[PDB]
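Reminder, nothing fancy here: chain letters follow the sequence lines and each chain counts from 1. All heavy atoms count here, side chains included; hydrogens, waters and symmetry mates do not. Method reported for this entry: X-ray crystallography, 2.5 Å. All ligand and atom numbering here is 1-based and tracks the order in the structure.
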2 protein chains.
Amino acid sequence: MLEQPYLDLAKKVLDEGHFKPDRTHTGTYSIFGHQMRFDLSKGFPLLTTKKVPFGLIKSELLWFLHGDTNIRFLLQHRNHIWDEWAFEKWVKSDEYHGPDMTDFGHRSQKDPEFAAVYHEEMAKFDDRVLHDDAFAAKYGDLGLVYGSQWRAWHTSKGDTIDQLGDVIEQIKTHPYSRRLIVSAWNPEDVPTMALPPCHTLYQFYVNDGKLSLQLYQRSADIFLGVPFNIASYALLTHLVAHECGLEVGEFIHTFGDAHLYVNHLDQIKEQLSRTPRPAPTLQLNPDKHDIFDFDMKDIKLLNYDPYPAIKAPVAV
Amino acid sequence: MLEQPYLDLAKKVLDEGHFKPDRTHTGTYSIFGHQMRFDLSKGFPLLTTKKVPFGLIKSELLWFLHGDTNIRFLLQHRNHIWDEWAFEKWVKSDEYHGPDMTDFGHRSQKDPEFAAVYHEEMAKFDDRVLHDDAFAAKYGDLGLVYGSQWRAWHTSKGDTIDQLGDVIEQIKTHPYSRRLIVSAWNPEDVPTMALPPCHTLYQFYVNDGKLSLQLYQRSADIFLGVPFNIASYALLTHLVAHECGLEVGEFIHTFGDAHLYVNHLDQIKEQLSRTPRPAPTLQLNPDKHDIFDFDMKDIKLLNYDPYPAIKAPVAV
Ligand SMILES: C#CCN(Cc1ccc2[nH]c(N)nc(=O)c2c1)c1ccc(C(=O)N[C@@H](CCC(=O)O)C(=O)O)cc1
Ligand SMILES: C#CCN(Cc1ccc2[nH]c(N)nc(=O)c2c1)c1ccc(C(=O)N[C@@H](CCC(=O)O)C(=O)O)cc1
Ligand SMILES: O=c1ccn(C2C[C@H](O)[C@@H](COP(=O)(O)O)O2)c(=O)[nH]1
Ligand SMILES: O=c1ccn(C2C[C@H](O)[C@@H](COP(=O)(O)O)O2)c(=O)[nH]1
């Protein structure tokens, strides 16, 4: 059924992945090299075997599409996928006051009592970013995320290349190039990088009315990472295709290091004893059009009938 | 037998490729998305069904590995894979004298009589680049090729990032990152680009002594392009692996637009009536070591037993 590529991967890892020590200690079973496909005219790859939140991944996506770096947008649409970072930018400066922030989430899922001091420290700052403007302006900014990457690349003669923008106009302009590419890997930077872009590069291809997209992703967490990345890039594609007036073909995903966390071997097994239910569908607001002004109500998802959800340890 | 991935692709295109007009008019049958693998401990992917020249692709590779852009190196090791470009840089300036260069190779494979005026114009300049220094210095330079891309990325505060260099030291330093990446797509540039890097990105992965490499290539010519690209990236890998003291696992190739030229449908068929002979082998000079000073005699290839070769029209 559409999402079966992930199960064939989830299996295949558990099954022939090597034990690698990751950037922490956490065991990972790994595959290097895999490509996987989904025919978006037949449906949406939200996994129906583990409920995934659409509201969460759409808000983040649009905030990417808005060239926005500031962690505030998200806070307005109670999304918290990017906070932990701004906190290190915050706890590290000369203004941080009070406590032992000195690790916060790395001793949350097991700790101390951290969740009353890390999460109160955290809510106080998340609450601050949402109201104090000079504050927002200060720590909530994050810098180089995919929004700045995609919509305003930094150039060698001080400007800003809206790489994406230009690639959607390149589609209208002529269907055919092997050059409809939006990179997010900037070699200059990855010295001073927080989280390097995982979903390192992509490419679009028009072909007789079906748009398609290929994503090269340096690494995958096949439990928490991959369910949300397969969807983000499918919403982008439905959104990029409706802007330059096309219809939608497939989505193709290519990973460098797909790996599943040694913490998560139990929990995948749990999904693998499930048996898929049909794919959800997606209404794309048909009067609205310059996709950078898609507002959240313009992407209403229909028919999402998921299984219950599984409990992960944090990917450290 | 090792090279069978290409035949399964060559077939598969002829067989389910769409007719696309390319950047010229030339018909192409296309596949978008494919990944293909070769276990370099079992041999070398020089096609034994169409003789491919190793001498040619090694010289070019080392000149890449030397951060060299100047078309001269090549001329010394009678390689001509990059001349046509320097000629447009040459014919376009205020110094070009004499003739109708006004298209040269685009009316060579069918023309005029071009091959006496284009090829004499061309040999006169190829001969000039090899001796006139201020000349070499002038038109033979080419600029942004993979050598400048890989060994000296241009930075926003006027310097030079030896991206590759740093990635081979990252291997010695620690086997494991999902961050052993050398991009060659610089969004700033591809306005003013001659030929954008086709083999857009790659990534290495150590895993218990086998190094491996994954190449994302925006487009492929599955007749002339692909035979030489599968090898270039396998020599790099044998060369990158012997430098940071590893052994060699697989090579994985991922293409955006693989396509085979409509001119070449006859000629692939010809290869497909052949039946492979075992894979060649490769001696990597075992006293020599900082791979940027690999000289050509240090990569002696052993056992190359090819079929005869097929005749292509130029990929325009
Ligand atoms: C997403 C995104 C971008 N990001 C950034 C980000 C940065 C480094 C990473 N590192 C690793 N190894 N894997 C990741 O998933 C990851 C994600 C995320 C941020 C937070 C969450 C998160 O807290 N939510 C989990 C929920 C699972 C659970 O706790 O029950 C999620 O899957 O969303 C996920 C992704
Ligand atoms: C290689 C490389 C980099 N390059 C640069 C380069 C630039 C644009 C391109 N455009 C397209 N569509 N395909 C290409 O192979 C190609 C190659 C090359 C330059 C010259 C030759 C060439 O003249 N030699 C062919 C020989 C086939 C024949 O004529 O019999 C070859 O395959 O080498 C090939 C590649
Ligand atoms: O939404 C996301 C964000 C991150 N990652 C990953 C995969 C790797 O485990 C790590 C990024 O690579 P490293 O930094 O460990 O090299 O975080 C994902 O899978 N999905
Ligand atoms: O060694 C090389 C160099 C170039 N190309 C290609 C593939 C495409 O046909 C074209 C580059 O893409 P476009 O410029 O047509 O988009 O040249 C290869 O296959 N191999």
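- From RAF265, PF-06873600, GSK461364, TP-6076, CB3717, the name that belongs at ligand 1 is CB3717.
- Structurally, the greatest contact with CB3717 (ligand 1) is made by what the PDB entry calls thymidylate synthase.
- Lab note: other chains with heavy atoms under 4.0 Å from CB3717 (ligand 1) -> A.
- Counting protein heavy atoms only, atom 31 (C) of CB3717 (ligand 1) is closest to A/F228 CZ, 3.5 Å.
- At a heavy-atom distance under 4.0 Å, no atom of A/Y146 approaches CB3717 (ligand 1).
- Those atoms of CB3717 (ligand 1) that come under 4.0 Å of a heavy atom in A/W85, given as number and element, are 7 (C).
- Between CB3717 (ligand 1) and the UniProt dUMP-binding residues of chain A, heavy-atom distances under 4.0 Å are seen for A/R23, A/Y261.
- Residue A/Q267 does not touch CB3717 (ligand 1), judged by heavy-atom distances below 4.0 Å.
- Nearest to CB3717 (ligand 1) among the UniProt active-site residues of chain A, at a heavy-atom distance rounded to 1 Å, is A/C198, 6 Å.
- Counting heavy atoms closer than 4.0 Å to CB3717 (ligand 1), residue A/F223 contributes nothing at all.
- With ligand atoms numbered from 1 in the order given, CB3717 (ligand 1) contributes 11 (C), 12 (N), 13 (N) to contacts under 4.0 Å with heavy atoms of A/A315.
- The distance from CB3717 (ligand 1) to the heavy atoms of A/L195 drops below 4.0 Å at these ligand atoms: 7 (C), 8 (C).
- Of the candidates A/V316, A/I81, A/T28, the one placing a heavy atom closest to atom 5 (C) of CB3717 (ligand 1) is A/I81.
- Here the protein heavy atom with the shortest distance to atom 29 (O) of CB3717 (ligand 1) is A/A312 O, 4.6 Å.
- The residue-level binding site of CB3717 (ligand 1) (heavy-atom cut-off 4.0 Å) is A/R23, A/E60, A/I81, A/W82, A/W85, A/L195, A/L224, A/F228, A/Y261, A/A315.
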